[PDB]
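Presented below is an entry in which one can find methotrexate.
Lettering of chains proceeds alphabetically from A, tracking the sequence lines in order. We're sticking with the PDB entry numbering for chain A, so the shown stretch reads 26-313, in order. Quick note: numbers on chain B are straight from the PDB entry, i.e. 26-313, in order. Each ligand, and each atom within it, is numbered from 1 in the order the structure gives.
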2 protein chains.
Amino acid sequence: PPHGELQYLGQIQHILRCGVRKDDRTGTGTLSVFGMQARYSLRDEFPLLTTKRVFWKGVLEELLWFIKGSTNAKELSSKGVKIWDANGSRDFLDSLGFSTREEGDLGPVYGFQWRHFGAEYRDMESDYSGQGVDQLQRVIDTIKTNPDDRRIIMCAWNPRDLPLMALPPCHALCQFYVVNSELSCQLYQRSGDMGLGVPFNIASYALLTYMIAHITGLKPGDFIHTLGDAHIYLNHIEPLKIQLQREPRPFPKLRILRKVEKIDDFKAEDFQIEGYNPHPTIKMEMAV
Amino acid sequence: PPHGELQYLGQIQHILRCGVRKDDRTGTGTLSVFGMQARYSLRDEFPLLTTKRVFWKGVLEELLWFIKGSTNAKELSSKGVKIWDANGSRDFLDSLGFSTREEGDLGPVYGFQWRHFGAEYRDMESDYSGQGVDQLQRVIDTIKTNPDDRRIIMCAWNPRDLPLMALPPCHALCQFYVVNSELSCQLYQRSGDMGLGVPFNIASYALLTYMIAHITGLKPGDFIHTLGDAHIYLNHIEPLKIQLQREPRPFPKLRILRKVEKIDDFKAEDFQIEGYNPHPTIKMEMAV
Ligand SMILES: CN(Cc1cnc2nc(N)nc(N)c2n1)c1ccc(C(=O)N[C@@H](CCC(=O)O)C(=O)O)cc1
Ligand SMILES: CN(Cc1cnc2nc(N)nc(N)c2n1)c1ccc(C(=O)N[C@@H](CCC(=O)O)C(=O)O)cc1
Ligand SMILES: O=c1ccn([C@H]2C[C@H](O)[C@@H](COP(=O)(O)O)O2)c(=O)[nH]1
Ligand SMILES: O=c1ccn([C@H]2C[C@H](O)[C@@H](COP(=O)(O)O)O2)c(=O)[nH]1
């Protein structure tokens, strides 16, 4: 049965063969399937794709930025990771009616929701200590005290806060699961740019699972990737067909370099990707 | 093309063969798999399971109760549907520390979240008109004005309100999708009692999709059922093996008997299940 990267490549094939033409906001157009699911083992391997190089630096710095609760694009940008900068620009903020908002202030996105769900958002520089639900720490506490729990959820989709966000979250929610000393994670991704977003998104949530497993004394299990609108932008078709011709190399491994006690204490240098031997980057133009 | 019900029966088989032993609060125990997905066509058929009779009256009355925004178990009970009554009882409310709460008051569950997400909950008798986000109406409006939208979400998972609820929602969220004049729906169900809950849950969201398609002038497409902890209670194993001997009968059809303009105007007598030929109920004791 296909395993690891062949799940992702199988999804690409399925959308090319069975996807339906579907317009989008950008006017680019897509081939689209609604509802997919892939399973990536995390057991002695880390699912960083090898058929094209994934932006691992971006994955790791973005995740650390989420964990600290930041909603400031400038703070991620300062680390050489520019993926949120367009959505924090003066022009983009004004386009949403946020003329009074400071440049970089993404509103109550991921970081805020994860650490302060339900608090009143003010700006990206405010102190939210003790405010709202700390979903991330509550996930960790539940795994430690009640691993059988079937409500181990972290949700970024906050209908009250959506109008203030720079972008509605794509990763609406995730759920953790423990059995036989293994930690698994399922992501509900409402919308997946299969060429540009999804490889990165797989790595983010696999990383998060490695982090939480390390904190809780468990072994990584599976990452289950569930998609809503799974789509290939029309201008990614030829690049993806090039990618599909490449034979995958074995996944790398991820090493955590020291014992870390609290999720907030992880730093970028604590992580080491080993044996990563990807084929070259394939240029895929982003839609918006 | 295979009967859609064989997806469900395939899931039962997979859990019996590959599910792992996993304890629960009741001490019943389960066999459990994390992460499953099935697709049920809604095109000229309604996926009301035939290998054991589904409580259709319960499906329909519960859904109408959700749509009106109710959080009062007594109001559902009055229609002959007792499925929430134990969770609203004096005893159960007291067991959660809700000694001051009136009997029947489930707290900010589905109905409240769907129609008033983010409003302040008081009690089951309060007027919430105009308060919070009406997710249900916003879903319907978006389908009508911008069908390509990839953010058509209704979320019941509200971390701020969880501690007031009689039970945390199993149906954490759902997402709608439109292509070629067909409306599809995906449910993220965090926890699935495969014997007792899941058949009912499939029917609820298929129904909701039929309702919203009727309101918006679209044809029903697919229902995609995604599970988190998909589990068989140990005392359902033998009953389910009896069920697995049965060949499915062709699915019924669902007829909507008049033109209805607003989701709030649907009544129970507007719906007719046609050609439903289930095998008999098999007794499966619920875990408490
Ligand atoms: C998670 N994320 C957001 C993302 C992904 N796909 C999208 N696709 C579309 N159509 N629209 C989006 N806003 C979008 N956003 C990402 C992730 C990576 C990069 C990125 O493409 N490239 C690095 C790579 C640099 C390197 O490896 O040397 C960069 O140049 O910013 C962009 C956005
Ligand atoms: C969806 N749902 C809630 C549900 C399902 N499985 C669960 N399973 C567990 N372990 N715990 C729960 N709280 C639970 N809740 C249901 C659905 C049907 C019935 C049920 O008992 N139906 C009828 C059948 C009667 C008829 O056909 O007219 C009844 O006798 O009440 C109960 C709960
Ligand atoms: O982490 C992310 C962020 C965005 N996207 C995608 C999906 C869509 O192509 C686009 C978002 O647009 P909307 O779904 O909100 O229309 O970027 C991803 O795949 N991953
Ligand atoms: O609509 C519903 C409501 C509940 N359950 C199940 C799943 C679990 O077996 C139990 C709820 O318990 P927790 O997952 O919250 O532990 O009832 C369903 O399958 N469907």
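All instances of methotrexate together account for ligands 1 and 2. In this complex, the main macromolecule engaging methotrexate (ligand 1), as named in the PDB entry, is Thymidylate synthase.
The other chains with any non-hydrogen atom less than 4.0 Å from methotrexate (ligand 1) are A. The contact residues of methotrexate (ligand 1), taking heavy atoms under 4.0 Å, are given as A:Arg78, A:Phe80, A:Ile108, A:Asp218, A:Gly222, A:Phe225, A:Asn226, A:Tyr258, A:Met311, A:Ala312, A:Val313. With a cut-off of 4.0 Å on heavy-atom distance, the UniProt-listed dUMP-binding residues of chain A close to methotrexate (ligand 1) are: A:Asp218, A:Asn226, A:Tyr258. The source species given by the entry for chain A is Homo sapiens. Closest UniProt active-site residue, chain A versus methotrexate (ligand 1), heavy-atom distance to 1 Å: A:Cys195, 7 Å. At a 3.5 angstrom cut-off on N or O pairs, A:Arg78 counts as close to methotrexate (ligand 1).
Considering backbone and side-chain N/O of A:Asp218, one or more are found under 3.5 Å from N/O of methotrexate (ligand 1). Residue A:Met311 approaches methotrexate (ligand 1) through these ligand atoms, each under 4.0 Å from one of its heavy atoms: 8 (N), 9 (C), 11 (N), 12 (C), 13 (N), 14 (C). Below 4.0 Å from some heavy atom of A:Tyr258 lie the following atoms of methotrexate (ligand 1), by number and element: 10 (N).
Below 4.0 Å from some heavy atom of A:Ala312 lie the following atoms of methotrexate (ligand 1), by number and element: 10 (N).
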